[PDB]
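Structure containing oseltamivir carboxylate.
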Protein chains: 4
Amino acid sequence: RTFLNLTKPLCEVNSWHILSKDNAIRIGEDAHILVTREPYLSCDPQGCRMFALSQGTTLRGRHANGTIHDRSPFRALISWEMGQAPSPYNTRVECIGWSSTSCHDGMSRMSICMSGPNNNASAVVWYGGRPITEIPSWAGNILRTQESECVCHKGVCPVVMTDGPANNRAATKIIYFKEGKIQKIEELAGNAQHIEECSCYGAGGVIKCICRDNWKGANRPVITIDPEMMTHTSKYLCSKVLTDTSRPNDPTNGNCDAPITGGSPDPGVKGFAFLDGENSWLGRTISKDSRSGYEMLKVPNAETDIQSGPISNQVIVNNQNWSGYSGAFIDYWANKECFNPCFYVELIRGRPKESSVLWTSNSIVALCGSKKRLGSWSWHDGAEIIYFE
Amino acid sequence: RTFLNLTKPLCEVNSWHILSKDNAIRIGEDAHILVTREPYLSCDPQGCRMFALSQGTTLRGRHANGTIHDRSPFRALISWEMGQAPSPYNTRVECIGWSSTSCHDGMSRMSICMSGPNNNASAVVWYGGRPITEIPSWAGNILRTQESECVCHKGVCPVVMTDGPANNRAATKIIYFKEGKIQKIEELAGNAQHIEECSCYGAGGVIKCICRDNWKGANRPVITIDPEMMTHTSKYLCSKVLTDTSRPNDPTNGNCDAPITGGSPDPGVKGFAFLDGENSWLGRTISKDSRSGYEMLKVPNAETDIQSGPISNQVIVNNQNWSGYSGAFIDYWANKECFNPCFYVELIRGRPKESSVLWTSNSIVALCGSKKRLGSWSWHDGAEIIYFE
Amino acid sequence: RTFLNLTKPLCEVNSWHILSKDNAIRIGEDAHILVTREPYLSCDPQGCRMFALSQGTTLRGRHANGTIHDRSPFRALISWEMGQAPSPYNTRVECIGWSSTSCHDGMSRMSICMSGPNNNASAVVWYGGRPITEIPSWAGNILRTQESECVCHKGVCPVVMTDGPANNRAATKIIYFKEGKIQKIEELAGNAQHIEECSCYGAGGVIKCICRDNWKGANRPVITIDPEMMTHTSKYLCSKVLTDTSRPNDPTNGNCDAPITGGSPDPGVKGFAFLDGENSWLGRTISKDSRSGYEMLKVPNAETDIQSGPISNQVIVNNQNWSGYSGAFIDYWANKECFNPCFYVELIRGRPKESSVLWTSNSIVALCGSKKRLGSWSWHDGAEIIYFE
Amino acid sequence: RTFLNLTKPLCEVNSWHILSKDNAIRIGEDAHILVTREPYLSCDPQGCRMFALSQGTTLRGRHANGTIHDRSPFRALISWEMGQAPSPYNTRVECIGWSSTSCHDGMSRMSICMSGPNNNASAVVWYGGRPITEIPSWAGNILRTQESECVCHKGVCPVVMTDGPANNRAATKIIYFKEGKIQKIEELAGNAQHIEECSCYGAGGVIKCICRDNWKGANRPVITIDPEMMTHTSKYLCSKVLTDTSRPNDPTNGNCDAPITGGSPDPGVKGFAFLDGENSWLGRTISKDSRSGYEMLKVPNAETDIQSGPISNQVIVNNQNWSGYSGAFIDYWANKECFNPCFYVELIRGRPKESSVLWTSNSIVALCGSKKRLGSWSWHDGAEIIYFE
Ligand SMILES: *[C@@H]1O[C@H](CO)[C@@H](O[C@@H]2O[C@H](CO)[C@@H](O[C@@H]3O[C@H](CO[C@H]4O[C@H](CO[C@H]5O[C@H](CO)[C@@H](O)[C@H](O)[C@@H]5O)[C@@H](O)[C@H](O[C@H]5O[C@H](CO)[C@@H](O)[C@H](O)[C@@H]5O)[C@@H]4O)[C@@H](O)[C@H](O[C@H]4O[C@H](CO)[C@@H](O)[C@H](O)[C@@H]4O)[C@@H]3O)[C@H](O)[C@H]2NC(C)=O)[C@H](O)[C@H]1NC(C)=O
Ligand SMILES: *[C@@H]1O[C@H](CO)[C@@H](O[C@@H]2O[C@H](CO)[C@@H](O[C@@H]3O[C@H](CO[C@H]4O[C@H](CO[C@H]5O[C@H](CO)[C@@H](O)[C@H](O)[C@@H]5O)[C@@H](O)[C@H](O[C@H]5O[C@H](CO)[C@@H](O)[C@H](O)[C@@H]5O)[C@@H]4O)[C@@H](O)[C@H](O[C@H]4O[C@H](CO)[C@@H](O)[C@H](O)[C@@H]4O)[C@@H]3O)[C@H](O)[C@H]2NC(C)=O)[C@H](O)[C@H]1NC(C)=O
Ligand SMILES: *[C@@H]1O[C@H](CO)[C@@H](O[C@@H]2O[C@H](CO)[C@@H](O[C@@H]3O[C@H](CO[C@H]4O[C@H](CO[C@H]5O[C@H](CO)[C@@H](O)[C@H](O)[C@@H]5O)[C@@H](O)[C@H](O[C@H]5O[C@H](CO)[C@@H](O)[C@H](O)[C@@H]5O)[C@@H]4O)[C@@H](O)[C@H](O)[C@@H]3O)[C@H](O)[C@H]2NC(C)=O)[C@H](O)[C@H]1NC(C)=O
Ligand SMILES: *[C@@H]1O[C@H](CO)[C@@H](O[C@@H]2O[C@H](CO)[C@@H](O[C@@H]3O[C@H](CO[C@H]4O[C@H](CO[C@H]5O[C@H](CO)[C@@H](O)[C@H](O)[C@@H]5O)[C@@H](O)[C@H](O[C@H]5O[C@H](CO)[C@@H](O)[C@H](O)[C@@H]5O)[C@@H]4O)[C@@H](O)[C@H](O)[C@@H]3O)[C@H](O)[C@H]2NC(C)=O)[C@H](O)[C@H]1NC(C)=O
Ligand SMILES: *[C@@H]1O[C@H](CO)[C@@H](O[C@@H]2O[C@H](CO)[C@@H](O)[C@H](O)[C@H]2NC(C)=O)[C@H](O)[C@H]1NC(C)=O
Ligand SMILES: *[C@@H]1O[C@H](CO)[C@@H](O[C@@H]2O[C@H](CO)[C@@H](O)[C@H](O)[C@H]2NC(C)=O)[C@H](O)[C@H]1NC(C)=O
Ligand SMILES: *[C@@H]1O[C@H](CO)[C@@H](O[C@@H]2O[C@H](CO)[C@@H](O)[C@H](O)[C@H]2NC(C)=O)[C@H](O)[C@H]1NC(C)=O
Ligand SMILES: CCC(CC)O[C@@H]1C=C(C(=O)O)C[C@H](N)[C@H]1NC(C)=O
Ligand SMILES: CCC(CC)O[C@@H]1C=C(C(=O)O)C[C@H](N)[C@H]1NC(C)=O
Ligand SMILES: CCC(CC)O[C@@H]1C=C(C(=O)O)C[C@H](N)[C@H]1NC(C)=O
Ligand SMILES: CCC(CC)O[C@@H]1C=C(C(=O)O)C[C@H](N)[C@H]1NC(C)=O
Ligand SMILES: *[C@@H]1O[C@H](CO)[C@@H](O)[C@H](O)[C@H]1NC(C)=O
Ligand SMILES: [Ca+2]
Ligand SMILES: [Ca+2]
Ligand SMILES: [Ca+2]
Ligand SMILES: [Ca+2]
């Protein structure tokens, strides 16, 4: 039992295989399943777990009414065994709040939750199930973080947090933790103009965080982190293949160093990418307007080449079904010589796209890379909204 | 593993961070959640757990009708993983009865329940999950105890118990346990005139229990116990900031050595304080009349100065929401050179304040100290009573 | 871990303290609780568990209809953590069938279930969770066993089984198991004329089993087993305090060596006694006709003196409430120099006594000895049958 | 822990004893039980577990409507503690998909699930709870596998898989795994003309797989695997006692090297046999047309002798009750000098035979061999379909 070192390179990926699917909304039509959103997965030496923000109600409960609302005192980060649906009976409360991240350093799990009023939020940083550190809001406007896993190297786990406007310049910082205790704080530097909801992974001693610019860019920011020196750089994905939502049509040429703007009507969604030269994969919603569909695109040199475009594709969720947030995680403790990319998609059901119900929740699907050429089908949520009417 | 000793000082506390919230009434509107009251938390080397007295029914069950009643043969002390709500599926029965305390000595957990008729109640003392000792009523009138955790030092865990009237002089004893066996029994000594429902914590080799005088006093008794010498003293909180409910307006001067009378309509509520010179915090309901709201007041020298008043505050539960009991606990096994104060508030829903339902139950919120200046918002229960009509 | 040796005497018992209560019918009015009957408790080095025969349905399920029926292919011996109610989610299936026993030898648990048709039943004997031995019916008429725990000594665990009529002379055997394998089989010897449902405990190298004569006697048979020699004797309880149900009024003199007839209208009920000279306690129903109420009577020399009568009494279940089977168990792994007697009462609800519902089920209460003089109250089931109409 | 080696012979079997029964449909009438089909059991050093393919809904859920359908993105292989019913709360997700196998090699469990569209399905091979290998369809037509446990020897676990028509010649392969990695792939050889849903067990260094010829034969194919050389042969069960469903009347002689055709209206059902000279047992449905009843027949030399017929029988499920799939498993880690045959019967309820409900599910019964002559009765599902109307 030792601190995780990000020594290994990323595995070659040619297609994506199914890892897990919880069918939460289908099950929760009758069983006692908690209302969630903002899910993710995170692993540790023993296996992987699902994580999400509970709304502190079940899906069939009367309190599901009004769960489109983002921030309340009734939310918490919960975790559970991968593949089960989240019930009041099988879920571990990691921390209390309405924005989270979590990662395992090889010894113990760090979980962070922000809570409080918009003008005076605070994070509590847990390690090994105990609270270690608290961090007050520095800009007085919804202190918040990744909504997917963080990554650790030799016990140091960088976390990206933002405080400030969601629709204008904000105050992002990279906080470097060890055993839950702040080792260093950096202000965001570089050419990314706005940072939300980073999706982060490690390979060859480098952590890359692929984020949501909610202010300008339909191209995604990328923060590159050295967890040994505890330093970073930022810019945008170079590729012309735009991967936020909403977004305009892909232009001739992307831009490494500035946002590519446009699209309607929404300013962003959490997303991810794996960036490894020829071995690069970008996720995005199929729709360039709405959180519908989900596709993986193999885009060689997406990180460096403004003319890069897709050479493969795999549909994860068909464009007749609702998607949601997406994020990266890796089973860093697999018995492999390489770290194999994995990702999840949040399958949002209910408001605001399905207004015949009073609630908003999600289910989860997760996939990992394969070097083989595997066939694909759509892993949509599967619930019938009529049954909830 | 070793027996806990209380040699560490209390941590400096400048504000309170969220530790846990179970949202039990919201969840229990639809899921199978047990009806409880008299909750608390208690920790051990592995972590902290939630505790409460079940009523032996679920919240939506027909048998929730009538659960304002305090003492029945269907009640039990239950414990569960911190943050979950208490269901029939995730709860451990610690002991049977209708008044309890529990605490971990570093090796094993002691749990004590009282049961029986009013005139012939008895305690059963459990240690490591096995029954060790039984204690028959000495005064023939509802033998009872703290309703929050006890504290242990070098194997010795003092517990404060009362037997006798709730509205007149009663027979309080301090019973000193080791591995669930009585080491010594003391009658209450000193200037506290009536003792109920002590909230106790250790620091600096000293256990302080802040109690409820249900006879005359709107100021809270304080018992100070030396667990090495197995002796105690008692008096009242000196501060003019009165902390029982009901209470009169705060007077110009408190009284260290007599009850301050007044207040309407209720004789008392379980509460707590942390008393550490300048580093002193008093909890109380916001209402001076009713169990609504909850505030933390930093009252330097509350223990010693009749003129001591607040220098800061933090609303825990707004005064538009119901509160209930509150009590002290500490994670004495944290990785810290000091013991950090924690507390909970019982958020009572249903009767008698909400008589549109037939039941009485509660949810839990718990917070711990921070040296930082954290923002705050109200952590009220969050259930809509209309949904239960 | 080591094999249990019955090296200690019984503890002195002056009164009985509450050990556990599951409130299963109150909870199972709304939560998913299995229909059961024939419960017991059994301990091991880690603590004690509850056991019962499930009916393979929940209480509120439609399949609860008709659960007065004793023997179906849907029944199983389930065990669960002491104090919880038995749900589909917290119960361990020990074995399949409609009559059982179970005991822990200090290394692993042996469980035995009988199943099959009346004329062709069979036992399966499990050890450490694996099936070891099978035993075919020898008399072609409902091969069956204790319905409470067995007892082990130096790895030898005797079990009493009957096969044959319930209303005439039957073929009872004592089978001595070690690690689930048969060591020896004895035909019943001595003066007991009919044996059902033995309740057994150990002390001082002797196992005593207090049974139900369903044929003739209102006095209970007593089998005395030597688990080292693997031999036994039998007779009846001597006391004039008759403890089966139904029974006649207590005569002025018992009978050590023949059944005392009389009683209407029930031929018997499972019960128990602790027999230890002056330290002897007899349980029975308060009603002499019906499974109503439950009392403990201290009857010095009940085992040897036909004139022995009660010197003290404790009501366990008042005679306005339903009782049921009762049986013995001991926490042989307690940290005491003596083995402390415990018992349980099955609190039967529904048919036949409560015919306004379609089901028959039970809850459990359990108590253990105290040397103190504890007060008592009634530990009845607590469910309101009207809520199930 | 060490790799399992198939060193032991089969145990003599003269009758079958009950091992487990989950009563899932009875319980699931009211409790939250997943819809399933294609169940099995599989053991490991600690005991045995139940397995099945969930439909990603509860039985009383609205999503149970349409669960006759075989292949959806909402299915998964789930496992749970033997004898419990499968709920969302007690089931482990082994892998995602709509065809499976699993087996333990003595060190860890391998589980394999196929998912995807009919023309582009893929297997994912898990070991120790982590994905190891992926296998794309080779024939573009529902890559699929055993639907009961595989068997391992010295770390090598062969698995039979088919891809191609269900009603014509298909491409079957035997894939030999070690630690979830492919050691060798063989095309099916020998005289079996069509292979589906193999039921496999090991004894004396040989693995025997008794399968389903869904194209022609009402006699069952038998694949014999040498797990050290990683080679096999195939033919049919010799015996005139035909054991697929549907089937014609048993002919005067069977045929070891070609299918015996006929029967109406269905082309096959998954089944099993244990083949060990005299000590040979064949399962089959009692009906020759429908999945009704289930019987075990002792058919000496069924593997070699075309004139072999039954010398004994045991009814497992009477012919007034629905059966379903059946399969082999063995507790290879029992404390016996032989490996004792076990099997399960899938008890299918709902569509198509019970059209008054919208769903299809099942419960499980499992039995193992006994050398004794045990009595038997019918272990039918036991649910009342009227309660679901
Ligand atoms: C970001 O978050 C942080 C932390 O969550 C937060 O920090 C707080 O900042 C405020 C100032 O903005 C601090 O407030 C101070 O509180 C001091 C003590 O207040 C309590 O006690 C008062 C005295 O009570 C006694 O006597 C009265 C009158 O006779 C009697 O009613 C009482 O029963 C008792 O006997 C009391 O009046 C006061 O009441 C307020 O709060 C209660 C709930 O507790 C509420 O019910 C009341 O309605 C009322 O709101 C309170 O209970 C106080 O002495 C201090 O006042 C001095 O300084 C101010 C300048 O700020 C002067 O105006 C004043 O003259 C005083 O000399 C001041 O009010 C608070 O302590 C901080 N808390 C912490 C934990 O740091 C920030 O506000 C947040 N930022 C944003 C933008 O939200
Ligand atoms: C605090 O709680 C404790 C714990 O429960 C409690 O302590 C008990 O105190 C009472 C006295 O208050 C003690 O009662 C004694 O019991 C003796 C034995 O009684 C049993 O047997 C009697 C005879 O039974 C046989 O004979 C009759 C024919 O005579 C026949 O019907 C029977 O079938 C049988 O053959 C029997 O009469 C008696 O019945 C009582 O109790 C049963 C429940 O078991 C109930 O259903 C009946 O309605 C009835 O109440 C019982 O079954 C008894 O010998 C003894 O009598 C002497 O003492 C009293 C004074 O106490 C004298 O008045 C009398 O003349 C005798 O000299 C007495 O009844 C009991 O043993 C204590 N138990 C323990 C565990 O200590 C405290 O009272 C509680 N305090 C408060 C304030 O509530
Ligand atoms: C077994 O399943 C396999 C796994 O899914 C499958 O293998 C797949 O085979 C298909 C057909 O051969 C291959 O498709 C090839 O894909 C590349 C990549 O195409 C993607 O990118 C292009 C270009 O996008 C950009 O420019 C367009 C054009 O101007 C803009 O609109 C856009 O915004 C971008 O700037 C895009 O046009 C493609 O569009 C397809 O896919 C999406 C979903 O991702 C649909 O929404 C869309 O309508 C259309 O169907 C696509 O996004 C392409 O260049 C080649 O020409 C070819 O199309 C897959 O790559 C291959 N996948 C893998 C993982 O191997 C097998 O086909 C399947 N077998 C069977 C029998 O079903
Ligand atoms: C305690 O329970 C014991 C456990 O069950 C039980 O012991 C059983 O005792 C019975 C009665 O002695 C024995 O029966 C014997 O069985 C053999 C084999 O019978 C099976 O095979 C024959 C031949 O089948 C083939 O040919 C026929 C006709 O041409 C075809 O129809 C069939 O397809 C085959 O091609 C078959 O006729 C038998 O049919 C019976 O059983 C089936 C269920 O399997 C029913 O559907 C059917 O109606 C009929 O009842 C059977 O399948 C036979 O050859 C002997 O002559 C004799 O019948 C059991 O073998 C024996 N079992 C064991 C495991 O020991 C005890 O009886 C019981 N005690 C009490 C008191 O109940
Ligand atoms: C869902 O929640 C909304 C918001 O609380 C409920 O709408 C309120 O209903 C109350 C009681 O009738 C009104 O007095 C409020 O003014 C309404 N508020 C708003 C914002 O509309 C609605 O009733 C709930 N629906 C259900 C079915 O519970
Ligand atoms: C809640 O509990 C009360 C008390 O048992 C019930 O009130 C009784 O109702 C019974 C049955 O109709 C009447 O005979 C009595 O008049 C009532 N007793 C008292 C003290 O009021 C009430 O019915 C229960 N309510 C529900 C909905 O279960
Ligand atoms: C069960 O599932 C079927 C299939 O989805 C449902 O049938 C549909 O019902 C809707 C609403 O009545 C109709 O618009 C469609 O025409 C039907 N579709 C088909 C394919 O038949 C059926 O309603 C469901 N039944 C229940 C009780 O949920
Ligand atoms: C507050 C800004 C932030 C990022 C743009 O909004 C997020 C957008 C969300 C969204 O676009 O769906 C939902 C998130 N729950 C919300 N985060 C919080 C903490 O409320
Ligand atoms: C019996 C006196 C005691 C302290 C005043 O009453 C308490 C008051 C209560 C209260 O004020 O809410 C509830 C407690 N459940 C009750 N305790 C018992 C054991 O019934
Ligand atoms: C079959 C005789 C036996 C003992 C008299 O009957 C018992 C009586 C019972 C009873 O008196 O309540 C219930 C038991 N479940 C039953 N046992 C079985 C195996 O059916
Ligand atoms: C696809 C052919 C295959 C074997 C003949 O059909 C099976 C028949 C079934 C059956 O006969 O009941 C149900 C199985 N779930 C199905 N398998 C799959 C993967 O769909
Ligand atoms: C108290 O516990 C601490 C930490 O285990 C230990 O170092 C110290 O010696 C203890 N003091 C006493 C007097 O037991
Ligand atoms: Ca954007
Ligand atoms: Ca008071
Ligand atoms: Ca009798
Ligand atoms: Ca066939």
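Chains: A, B, ... assigned top-down by sequence line. Residue numbering for chain A follows the PDB entry; the residues present correspond to positions 82-470, in that order. Here the PDB entry sets the residue numbers for chain B, with the shown residues being 82-470 in order. Residue numbering in chain C adheres to the PDB entry, whereby the residues present occupy positions 82-470 in order. Numbers in chain D come straight from the PDB entry, and the residues shown are 82-470, in order. Just follow the structure's listing: the first ligand is 1, and inside any ligand the first atom is 1.
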**Item:** oseltamivir carboxylate - ligand or chain assignment
**Value:** ligands 8, 9, 10 and 11
**Asked** In this PDB structure, which macromolecule forms the chief contact with oseltamivir carboxylate (ligand 10), named as in the PDB entry?
**Response** Neuraminidase
**Prompt:** Which chain letters have at least one heavy atom nearer than 4.0 Å to any atom of oseltamivir carboxylate (ligand 10)?
**Reply:** C
**Asked** Quick check: does C:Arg156 get an N/O under 3.5 Å from an N/O on oseltamivir carboxylate (ligand 10)?
**Response** no
**Request:** Pick whichever of C:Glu277, C:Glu278, C:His150 has a heavy atom sitting closest to atom 7 (C) of oseltamivir carboxylate (ligand 10).
**Result:** C:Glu278
**Asked** Taking a heavy-atom cut-off of 4.0 Å, which of the residues UniProt lists as substrate-binding in chain C lie that close to oseltamivir carboxylate (ligand 10)?
**Response** C:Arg118, C:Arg152, C:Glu277, C:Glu278, C:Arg293, C:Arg372
**Request:** Could you see which bit of C:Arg372 sits under 4.0 Å from oseltamivir carboxylate (ligand 10), with heavy atoms only: side chain, backbone, both or neither?
**Result:** side chain
**Prompt:** Judged by non-hydrogen atoms, does C:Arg293 sit under 4.0 Å from oseltamivir carboxylate (ligand 10)?
**Reply:** yes
**Within-shell test, C:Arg118 vs oseltamivir carboxylate (ligand 10), heavy atom, strictly < 4.0 Å** = yes
**Message:** Return the closest protein heavy atom for atom 2 (C) of oseltamivir carboxylate (ligand 10) as residue, atom name and distance.
**Reply:** C:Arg225 NE, 3.6 Å
**Prompt:** Counting each atom of oseltamivir carboxylate (ligand 10) from 1 as listed, which ones have a heavy atom of C:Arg152 under 4.0 Å away?
**Reply:** 18 (C), 20 (O)
**Prompt:** Any N or O of C:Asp151 that comes nearer than 3.5 Å to an N or O of oseltamivir carboxylate (ligand 10)?
**Reply:** yes
**Prompt:** Which residues count as the binding site of oseltamivir carboxylate (ligand 10) under a heavy-atom cut-off of 4.0 Å?
**Reply:** C:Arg118, C:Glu119, C:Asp151, C:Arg152, C:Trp179, C:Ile223, C:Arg225, C:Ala247, C:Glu277, C:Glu278, C:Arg293, C:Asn295, C:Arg372, C:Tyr406
